[PDB]
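Convention: sequence-line order gives letters A, B, ...; per-chain numbering from 1. Ligands are counted one by one from 1 in listed order, and the atoms in each one are counted from 1 as well. Only this structure's heavy atoms are used, side chains among them; waters, hydrogens and symmetry mates stay out.
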Amino acid sequence: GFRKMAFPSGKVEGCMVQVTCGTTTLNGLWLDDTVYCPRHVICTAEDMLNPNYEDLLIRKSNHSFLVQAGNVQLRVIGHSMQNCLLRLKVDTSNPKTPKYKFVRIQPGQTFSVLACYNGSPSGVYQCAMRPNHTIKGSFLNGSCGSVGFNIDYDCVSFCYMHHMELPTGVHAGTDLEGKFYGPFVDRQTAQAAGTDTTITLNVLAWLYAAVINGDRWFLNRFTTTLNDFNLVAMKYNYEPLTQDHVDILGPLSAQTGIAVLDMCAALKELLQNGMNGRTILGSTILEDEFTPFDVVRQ
Amino acid sequence: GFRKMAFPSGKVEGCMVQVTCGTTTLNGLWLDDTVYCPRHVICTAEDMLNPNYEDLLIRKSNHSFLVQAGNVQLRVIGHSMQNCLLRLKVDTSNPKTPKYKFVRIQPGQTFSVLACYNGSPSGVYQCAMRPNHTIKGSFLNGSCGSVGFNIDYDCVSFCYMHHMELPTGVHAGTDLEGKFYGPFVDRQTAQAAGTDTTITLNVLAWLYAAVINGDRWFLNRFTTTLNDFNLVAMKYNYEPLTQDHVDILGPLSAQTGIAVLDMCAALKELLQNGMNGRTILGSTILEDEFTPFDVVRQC
Ligand SMILES: CC(C)(C)[C@H](NC(=O)C(F)(F)F)C(=O)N1C[C@H]2[C@@H]([C@H]1C(=O)N[C@H](C=N)C[C@@H]1CCNC1=O)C2(C)C
Ligand SMILES: CC(C)(C)[C@H](NC(=O)C(F)(F)F)C(=O)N1C[C@H]2[C@@H]([C@H]1C(=O)N[C@H](C=N)C[C@@H]1CCNC1=O)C2(C)C
């Protein structure tokens, strides 16, 4: 009784459309009278080596954008570029527009992804912004324009739009202002991320999830200092723990009766001695894509 | 890049309502002018061992059922009992009703669950119907009436309505005709899941996914017949493979060039010799809720 859960996607499904330029098709996000989509929709195998997007956009008209909201075609009455997105103005305002915000998420935070193909939603899953600013998604051909989001009350916080897959199989994209997460550019050329690390704050939160759910085999009577634990974190490619992070784990610490630095001693033991064929919440690996907030909500 | 993915939940979100009888509230599924919900909504510590549902139902008027679709109350116009569900006729037909059907999901097949509380959807996740007819869900108090479903093209196939949690932490419920999956009853009494077994068709799909992903340390050159693999599998509480299962794995065997029965011989050795601390797709435990359809669609 503890698993990856995505937000219900209906508020986002009502905003998904299909945007086509010539032979290139991807998904767009339709909010009020604006459609947001990745700008490389205007590209045709000049995806490579030299996308000069200013040169390629000046040569386009409104008429060269075919935007389809289901059966209906919306007419583009304007267009501008913002960073790596296009903002297409259309004559119709989406009646299904939810209360929404655009936010830029921090590494370690999680969001739900609505994977779309030809404007049509096909799956929903949870994932996280990695410390190296990639995401470990599931995106196939035609998935560009799919969005990541969180929902607070009735408000959809859009945080990700999908652009590309790196050769390691992880993914890269932008916020809804079109600025990439990480060092990447929307050009079909080989690009690497920085070396990733494990999200220590999330592993600790998931260890609290396990205690809350009856898995306590890994606890122990020892404890450790912050710097003592951080020395072990660095050896195993975990990111350092901050007093602010300890402060974030306060509510989970209270509800379980295990001080943060005690859980760190437990984690230190799991890194050093392995898990010895046992499981935690049904997993044989230390899970790092649940935030403290995700654990409390579940 | 393989991961569990749920169907987009919007088509079901627009059908979720709250149903309240006195002190007990749970979720209902509003399609056209019918609201479907577990019948134990009419109970009040009559839940204990022996609710007499026909007795409790005859003693209830339409006005005792408080049905709320978000902001607005819906008026219950009639009601009947179908197996372990109530069917509430309301005066309003749901304008958001999608194309739908009611299906009986089979052991081994997967579906998405929209977990709801007080008629408000809170999360979506994917589930397998286990061979012992339970599901390994994530349901808290108030989750009853949450539904599981698949979506084909534009049509929602409803297959599950949540009723209860068994002592091992797994969950039981019914199809949308109110017939329970498994030998369970909606009575708060001593009940236990049967012995689970492992969904072998899905473990084999997972090994194929691992081969597609470049991991093939577990392959060997032994051969096995279907019958000799099934005899070993049952010794380890694995489901035996059927004729149809071998056919279902055709696409993945063709894609990888590994004959179905050769992957069976790979699995047979894993069952008999363990993993010896090696990992498959990052895990020392064989996943059995990822279907051959999920592997095929995610490649
Ligand atoms: C994977 C590929 C080698 C093709 C390339 N990657 C690199 O060039 C890199 F090495 F720089 F990453 C790449 O993704 N693109 C090439 C080109 C865009 C993009 C693209 O096709 N986006 C798809 C949108 N529908 C979603 C992708 C497709 C497959 N799975 C996804 O997620 C732009 C960078 C303009
Ligand atoms: C777990 C409990 C000991 C309470 C009991 N279980 C057994 O009696 C068993 F052990 F027999 F299964 C049980 O579930 N119920 C008691 C009673 C219904 C049901 C119930 O409360 N359903 C909840 C619906 N809102 C969802 C559950 C709650 C907690 N987590 C869930 O999923 C009925 C069988 C009429």
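- The drug or drug candidate found at ligand 1 is nirmatrelvir (bound form).
- Most heavy-atom contacts to nirmatrelvir (bound form, ligand 1): the chain UniProt names 3C-like proteinase nsp5.
- At a heavy-atom cut-off of 4.0 Å, other chains contacting nirmatrelvir (bound form, ligand 1): A.
- At 4.0 Å, heavy atom to atom, the residues around nirmatrelvir (bound form, ligand 1) are A:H40, A:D47, A:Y53, A:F139, A:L140, A:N141, A:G142, A:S143, A:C144, A:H162, A:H163, A:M164, A:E165, A:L166, A:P167, A:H171, A:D186, A:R187, A:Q188, A:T189, A:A190, A:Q191.
- Taking every non-hydrogen atom of A:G142 and a distance limit under 4.0 Å, the qualifying atoms of nirmatrelvir (bound form, ligand 1) come out as 25 (N).
- Every atom of nirmatrelvir (bound form, ligand 1) is numbered from 1 in the order shown, and the set under 4.0 Å from a heavy atom of A:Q191 is 10 (F), 11 (F).
- Polar contact with nirmatrelvir (bound form, ligand 1): absent for A:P167 (N/O pair, distance under 3.5 Å).
- Within nirmatrelvir (bound form, ligand 1), the atoms closer than 4.0 Å to a non-hydrogen atom of A:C144 are 22 (N), 23 (C), 24 (C), 25 (N), 26 (C), numbered from 1 in the order shown.
- Per UniProt, the domain of chain A home to most contacts with nirmatrelvir (bound form, ligand 1) is Peptidase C30.
- Those atoms of nirmatrelvir (bound form, ligand 1) with a heavy atom of A:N141 less than 4.0 angstrom away are 28 (C), 29 (C).
- Closest UniProt active-site residue, chain A versus nirmatrelvir (bound form, ligand 1), heavy-atom distance to 1 Å: A:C144, 2 Å.
- Under a 4.0 Å criterion applied to the non-hydrogen atoms of A:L166, nirmatrelvir (bound form, ligand 1) contributes the atoms 12 (F).
- Taking a cut-off of under 4.0 Å to the non-hydrogen atoms of A:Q188, the atoms of nirmatrelvir (bound form, ligand 1) that pass are 8 (O), 16 (C), 17 (C), 34 (C).
- Each of the atoms 32 (O) of nirmatrelvir (bound form, ligand 1) lies under 4.0 Å from some heavy atom of A:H171.
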